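Co-structure: taniborbactam (bound form) and Beta-lactamase.
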Amino acid sequence: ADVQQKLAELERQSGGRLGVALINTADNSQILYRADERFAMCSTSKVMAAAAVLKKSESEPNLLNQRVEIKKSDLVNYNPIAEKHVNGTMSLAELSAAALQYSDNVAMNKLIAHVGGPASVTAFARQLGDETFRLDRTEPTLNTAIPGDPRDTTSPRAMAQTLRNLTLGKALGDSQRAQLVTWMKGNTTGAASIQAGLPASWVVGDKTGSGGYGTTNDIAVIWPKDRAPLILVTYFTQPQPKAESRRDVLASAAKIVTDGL
Ligand SMILES: *[B@@]1([O])OC2=C(C([O])=O)[C]=[C][C]=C2[C][C]1[N]C(=O)[C][C]1[C][C][C]([N][C][C][N])[C][C]1
């Protein structure tokens with residue numbers, strides 16, 4: 001209850017909409033705040049796309065080594081890795097890492113294309129038992145995050161449950177699950193988000209997202225020191241189209257729901 005109140009307080013101060021789902025695998029409990037509302041996933045959707053490629057690889061040896069051409073026409077709005085490879089190839093492993101660890105958008109588009117498009121990523125989510133996730137478009141338009149628009153959204157509850165399946169459960173084979181977690185633990189974009197609300201000794205694998213309407217997201221698998229793992233989704237979005245990102249709100253939310261663990 002105290003946690004409920006404190007999240008409400010943080011929401012009020014922030015001026016936006018906050019969605020939180022914590023799963024504590026110590027005792028199979030959850031902390032939920034607007035966990036059944038929809039939020040634009042933005043780049044947090046890249047976990048699902050990388051996982052779909054990993055799943056495909058279980059029946060296609062060496063798929064992760066398959067090369068993909070990067071052409072000027074592939075560049076989009078945010079290309080931190082791909083812009084270094086124009087007019088060469090990158091492997092699907094390389095693209096997965098770039099999508100997950102740098103939030104590269106070309107890399108996401110290549111993962112999307114490889115598996116058959118947004119509807120294929122969505123069908124993979126369904127196959128896992130996630131009936132909430134929907135990836136409707138490609139990069140960069142999937143990040144518009146317009147209030148009231150259900151495209152490219154999920155709920156905090158659904159994303160937490162799916163991320164626990166992917167990272168701690170059996171959605172993926174052991175090699176593929178380890179590769180996903182390795183990639184996420186190597187993320188470079190999350191240090192100001194959930195990470196920033198946890199003790200320094202805790203280990204985190206996370207994926208951030210940023211979008212229109214100051215949308216600021218993070219989904220994480222967390223290994224606290226000497227404790228069973230956690231799954232945490234913190235989604236946040238704002239009323240103004242050009243609102244500035246608020247990674248600090250995610251850090252605050254993470255502190256509130258884990259303080260006292
Ligand atoms: B995606 O949501 O991930 C992402 C992040 C992130 O992980 O936090 C940061 C920067 C870019 C990206 C790529 C994806 N998002 C977008 O393509 C839209 C986003 C909108 C805000 C932009 N920065 C504006 C600063 N005035 C960057 C692109």
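The first residue of the sequence shown is numbered 1, and numbering continues consecutively from there. As a basis for the values below, the full set of heavy atoms in this structure was taken, side chains included, without hydrogen atoms, waters or symmetry mates. Indexing begins at 1, ligand by ligand and atom by atom, following the structure's order.
The residue-level binding site of taniborbactam (bound form) (heavy-atom cut-off 4.0 Å) is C42, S43, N77, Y78, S103, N105, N143, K207, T208, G209, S210.
With respect to atom 10 (C) of taniborbactam (bound form), the closest heavy atom belonging to the protein is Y78 CZ, 3.9 Å. Put simply, atom 21 (C) of taniborbactam (bound form) has no protein non-hydrogen atoms near it, under 4.0 Å away.
There is a covalent bond between taniborbactam (bound form) and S43 OG.
For atom 13 (C) of taniborbactam (bound form), the nearest protein heavy atom lies closer than 4.0 Å.
The protein reaches atom 7 (O) of taniborbactam (bound form) closely, with a heavy atom under 4.0 angstrom from it. Using a 4.0 Å threshold on non-hydrogen atoms, atom 4 (C) of taniborbactam (bound form) counts as touching the protein. As recorded in the PDB, the organism behind chain A is Escherichia coli. At a distance under 4.0 Å, a protein heavy atom can be found next to atom 18 (C) of taniborbactam (bound form).
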